[PDB]
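The model below depicts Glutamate receptor 2 holding ZK200775.
Letters A, B, ... mirror the listed sequences (proteins, then strands); counts begin at 1. Whatever order the structure lists them in is the order used to number ligands and atoms, beginning at 1. Scope of the values below: all heavy atoms of this structure, side chains included, with no hydrogens, waters or symmetry mates. If you check the header, you will see the structure was determined by X-ray crystallography, 2.0 Å.
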Amino acid sequence: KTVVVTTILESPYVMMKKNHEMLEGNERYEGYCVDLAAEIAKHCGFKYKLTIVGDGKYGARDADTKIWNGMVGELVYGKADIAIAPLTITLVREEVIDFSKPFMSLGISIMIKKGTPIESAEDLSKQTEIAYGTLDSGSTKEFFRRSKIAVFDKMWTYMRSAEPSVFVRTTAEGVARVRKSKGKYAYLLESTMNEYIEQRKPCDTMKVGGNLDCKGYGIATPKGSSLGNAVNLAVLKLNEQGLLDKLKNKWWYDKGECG
Amino acid sequence: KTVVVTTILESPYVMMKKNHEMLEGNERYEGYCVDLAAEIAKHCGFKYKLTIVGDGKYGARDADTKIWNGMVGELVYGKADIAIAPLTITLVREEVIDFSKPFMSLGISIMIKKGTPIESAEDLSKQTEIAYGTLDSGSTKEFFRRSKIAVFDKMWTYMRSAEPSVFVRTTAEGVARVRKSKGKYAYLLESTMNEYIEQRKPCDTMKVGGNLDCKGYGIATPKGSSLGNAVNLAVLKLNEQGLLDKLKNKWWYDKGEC
Ligand SMILES: O=c1[nH]c2cc(C(F)(F)F)c(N3CCOCC3)cc2n(CP(=O)(O)O)c1=O
Ligand SMILES: O=c1[nH]c2cc(C(F)(F)F)c(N3CCOCC3)cc2n(CP(=O)(O)O)c1=O
């Protein structure tokens, strides 16, 4: 009764150890969610095997085929018993899977090259000298579109029609575009990923302002899992105990490069 | 067999009906959490008695006595089986009681008298001609103490050492102070209460800006309640079904006045 854990390769949640070819099983991996899985496993009392989600995806309905992909699909279709990953708690996913209480809280945020005279989304909306965009598809792009909040709809008005296109294909593209643009491009992305980059060499980016919305990552189990309650109580206790905060400090700041 | 529901009189969550002296039992009360209690009950299959928390409080641990007051205390000390109320999910409360998934999302927000040239917290930070404050003790002032976001810490720098005192003794004081100052005082309070007041006569306040943090209201049960699981699944399904949004629309906007 070894529990199959599905997860995803995304720094610093799960990463390959430098010498991973020499190692086997769970020892190939390290990261925030590697450590979290061990704590949850400990608290619930199960042995487990970490597996990387086959298709590299978090989980969406292939839009017109009704079939779930990513880690969600691995749970609904019985290929994994638990997902321990930065998986966003959403209502469409709650229709088919269960989430624990959030193990991390995050939201959309602004990344700038340090010295950029921007402090907030309002600041970006009021001005055109500094360009700004988001990933070229995903929740952050989707959030600005369907927002009705005036500051956010003005931002969508600007980004949708800007030329050259202010959207980027990957997080790495957005970040390179911030560092290369002399402080005249700003990037909208998840605060956790933003705080992670601000601790990476060459330490020239910074997160500014408060977050623009409220999301959480939760641990997911298939509906009717016998683990659901035990997992939820583990997260609650790990959160109360400060362990979640200690793991965040370890992988973001202890293992950081800019402190 | 009848479960005791503790809740609090807080408009529009639970309110006395116009003719409450004429009625008995659960029919004396009405509101968002009155209707929610009915849905939770329906979904979980229990009869229930609505009772108003004896001391009118939400729940805190007296530092000197270790004793909980309010609805939290009524759950932990066995006076109630469930709280169905706008009770904030917090880490100190989760140590002693269980919360369902949130049935409502809210945050700190800015209430303005209409016509005040303020649109955001940053705006308030850059200026002093318009004063601004919060309740004189509680989570919102507390959030400003420990903030490290630049705009929010500059605000706290200002508010702590301001004269006359920008803090107020009750929400009625803060709201009356917004209406009394023709737009030269701004009040920081929960987004839900802010949106509620903006739909009530005399329709002179409004919520401005986005929320400053992320909080949630949850249904609470004593630790080890057999209802904990049923309630959580009920809230999830009511949320999925849109009932929580419909109840918000009903008590905030359908029954609004502006
Ligand atoms: O559940 C989800 N969890 C996610 C977790 C992450 C992060 F932890 F930051 F890695 C990200 N990153 C966004 C930045 O580029 C790399 C991936 C995306 C996620 N998405 C897709 P989105 O919400 O459309 O962006 C989900 O759906
Ligand atoms: O659980 C809690 N739920 C609360 C719910 C509300 C309301 F908004 F009415 F629903 C309020 N306020 C009274 C109305 O005007 C401002 C907000 C306070 C609450 N508090 C104390 P706080 O956290 O110090 O603010 C709690 O502890």
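All instances of ZK200775 are found at ligands 1 and 2.
With heavy atoms closer than 4.0 Å, the chains neighbouring ZK200775 (ligand 1) read A. Applying a cut-off of 4.0 Å to heavy atoms, one finds the binding site of ZK200775 (ligand 1) to be A/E10, A/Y13, A/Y58, A/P86, A/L87, A/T88, A/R93, A/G138, A/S139, A/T171, A/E190, A/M193, A/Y217. Listed by number with element, the atoms of ZK200775 (ligand 1) under 4.0 Å from a non-hydrogen atom of A/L87 are 1 (O).
For ZK200775 (ligand 1), the atoms sitting less than 4.0 Å from at least one non-hydrogen atom of A/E190 are 23 (O), 25 (O), numbered in the order shown with element in parentheses.
Of the N or O atoms in A/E10, none lie within a sub-3.5 Å distance of an N or O in ZK200775 (ligand 1).
Distances below 4.0 Å separate heavy atoms of A/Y217 from the following atoms of ZK200775 (ligand 1): 5 (C), 6 (C), 7 (C), 8 (F), 9 (F). Distances between N or O atoms of A/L135 and those of ZK200775 (ligand 1) include no value under 3.5 Å. Of all atoms in ZK200775 (ligand 1), listed by their number and element, those nearer than 4.0 Å to a heavy atom of A/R93 are 1 (O), 2 (C), 26 (C), 27 (O).
If you check which protein heavy atom lies closest to atom 24 (O) of ZK200775 (ligand 1), you get A/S139 N, 2.9 Å.
Annotation: A/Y13 places no N or O atom under 3.5 Å from an N or O atom of ZK200775 (ligand 1); distance criterion only. Interface of A/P86 with ZK200775 (ligand 1), defined as ligand atoms under 4.0 Å from a residue heavy atom, comprises 1 (O), 2 (C), 3 (N), 4 (C), 5 (C), 8 (F). Of all atoms in ZK200775 (ligand 1), numbered sequentially from 1 with element shown, those under 4.0 Å from a heavy atom of A/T171 are 14 (C), 15 (O), 16 (C).
Close contacts of ZK200775 (ligand 1) with A/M193, meaning ligand atoms under 4.0 Å from a residue heavy atom, involve 9 (F), 10 (F).
Looking at ZK200775 (ligand 1), you won't find any N or O of A/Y58 less than 3.5 Å from one of its N or O atoms. For a threshold of 3.5 Å applied to N or O pairs, the pair formed by A/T88 and ZK200775 (ligand 1) contains at least one separation below that value.
Proximity to ZK200775 (ligand 1) (heavy atom under 4.0 Å) is shown by these UniProt L-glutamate-binding residues of chain A: A/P86, A/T88, A/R93, A/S139, A/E190.
Near A/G138, the atoms of ZK200775 (ligand 1) lying under 4.0 angstrom from a non-hydrogen atom of the residue are 24 (O).
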